[PDB]
Amino acid sequence: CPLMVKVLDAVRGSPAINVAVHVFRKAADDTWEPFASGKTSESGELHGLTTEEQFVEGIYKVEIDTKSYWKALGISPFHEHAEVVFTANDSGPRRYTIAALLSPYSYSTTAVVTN
Amino acid sequence: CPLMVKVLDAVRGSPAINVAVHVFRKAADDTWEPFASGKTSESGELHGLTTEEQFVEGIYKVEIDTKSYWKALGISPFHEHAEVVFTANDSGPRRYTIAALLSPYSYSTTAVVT
Amino acid sequence: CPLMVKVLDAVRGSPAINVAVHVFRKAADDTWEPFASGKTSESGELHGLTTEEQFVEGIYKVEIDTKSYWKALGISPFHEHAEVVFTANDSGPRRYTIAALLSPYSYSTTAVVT
Amino acid sequence: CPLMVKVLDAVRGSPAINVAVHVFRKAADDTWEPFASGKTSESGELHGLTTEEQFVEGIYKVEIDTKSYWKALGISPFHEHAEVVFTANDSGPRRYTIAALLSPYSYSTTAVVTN
Ligand SMILES: O=C(O)Cc1ccccc1Nc1c(Cl)cccc1Cl
């Protein structure tokens, strides 16, 4: 499990559950091709998105559907979604934990990269 | 000045100066067309990106070239850039302030709509 | 105006208005003595807390009454208040801007020293 | 384990290791009495600070010695430390995860409260 996503809710002080996450990889033609997708669990985490074999060097985009999350709670959010774009494994395989803290008009995202 | 961008540096505790910012608007064909661009000033701010006449309802993407900013400081950042995608509602006098706080492996962004 | 405080609301995407702010300075006996206080304005800012003459080197604590702010909006917050403790160095012309972004169960604070 | 602290480093994209944490409880005389202390592990986490029996209702202060952390890395930080003050268990026992993301001139803290 080289790619993990964790989403927290800053309004309720709880994990953000059932948040849709889509991952894309930049193709040779500068196009974003679907790579993997899923929804966060009860712990606000999403595991098993890919494997070390499939997760090759490249530029990846992790899109977190924050808008749908907030609407389901009756709150009108600012962002359409949260996007995290990064180059991965360019110097060998690494483990990536992408964390996002969500608020209706703000979000913070950090990466924890393990070797 | 309905749209303003402010970028701060969390490592040095200062405005993020000369950060390239590109704004795009989603076109009818779901394509991002260039809308405006510029670089943050000494105060880490970018004003005059557009006018109220030109800034119509739609989905906009504010792209902040964070990578180039960090590389210039000798720090290898994590993100390729920071992106803020939102819908400009246009329902009453509204000024949009997009703020971003930058760290090498993290960034936070908030919108101040007044 | 060497010390300024800015408070934003991450839930409503607006400045945090009328937030009580208390500033303390650590005394010789390791006690926090009141230094200045006020409430954020409509722009979520608090200016004129002190002067360069009065703002000498020392350890300061900026306390933001976040609890009262959230309760007034009908939201039960997590924190009793937000505290920012720092050392004013006083080594060259320096203006201190203490910014805080508030959410019911979270807050972020950054210092912009220019 | 009703009280957990997790600290991340936003500059290096890694857990903040060996960060000293001191917890205090407000006494009857409005004084902060030492409650527990420890240092974050390799995963940037601090467990076993207290037990459900000892962690009674009250106002607690979690102090994270961020200054010492940054100085050890050769960076001059802004804050003397990060403090998180909250009322705990006022409506029954809860599990509290106090998370902090650190940068030299900024820090963010969130609480995840479980029942
Ligand atoms: O915008 C963000 O998310 C970064 C951040 C973090 C903590 C405290 C304040 C801020 N942002 C900020 C600042 Cl530094 C100035 C003016 C307006 C805003 Cl929204």
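For reference, chains are lettered A, B, ... following the sequence lines as listed. In chain A, numbers come from the PDB entry; the residues present are 10-124, in order. The numbering of chain B matches the PDB entry: 10-123, in order. In order, the residues displayed for chain C correspond to 10-123 in the PDB entry numbering, which applies throughout. Residue numbering for chain D follows the PDB entry, covering 10-124 in order. Quick note: numbers below take in every heavy atom, side chains included, and nothing from hydrogens, waters or symmetry partners. Counting convention: from 1, in listed order, for ligands and their atoms alike.
Per UniProt, the macromolecule making the most contacts with ligand 1 here is Transthyretin. Located at ligand 1, the drug is listed as diclofenac.
In this structure, residues within 4.0 Å of diclofenac (ligand 1) (heavy atoms) are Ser115(A), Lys15(B), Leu17(B), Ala108(B), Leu110(B), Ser117(B), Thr118(B), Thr119(B), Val121(B), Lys15(C), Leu17(C), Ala108(C), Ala109(C), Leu110(C), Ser117(C), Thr118(C), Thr119(C).
In this PDB entry, the source organism listed for chain B is Homo sapiens. In this structure, the protein non-hydrogen atom closest to atom 1 (O) of diclofenac (ligand 1) is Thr119(B) CG2, 2.9 Å. Atom numbering of diclofenac (ligand 1) starts at 1 in the shown order; those under 4.0 Å from a heavy atom of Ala108(B) are 1 (O), 18 (C), 19 (Cl).
Heavy-atom contacts of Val121(B) reach the following atoms of diclofenac (ligand 1): 19 (Cl) (cutoff under 4.0 Å). Atom 3 (O) of diclofenac (ligand 1) has as its closest protein heavy atom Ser117(B) OG, 2.8 Å. Considering only non-hydrogen protein atoms, atom 4 (C) of diclofenac (ligand 1) sits nearest to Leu110(B) CB, 3.4 Å.
UniProt L-thyroxine-binding residues of chain B with a heavy atom under 4.0 Å from diclofenac (ligand 1): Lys15(B), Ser117(B). Atoms of diclofenac (ligand 1) lying under 4.0 Å from any heavy atom of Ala109(C), numbered from 1 in the order shown and given with element: 8 (C). Near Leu17(B), meaning under 4.0 Å from any of its heavy atoms, are these atoms of diclofenac (ligand 1): 14 (Cl). In this structure, atom 16 (C) of diclofenac (ligand 1) is in close contact with the protein, since a protein heavy atom lies within 4.0 Å of it.
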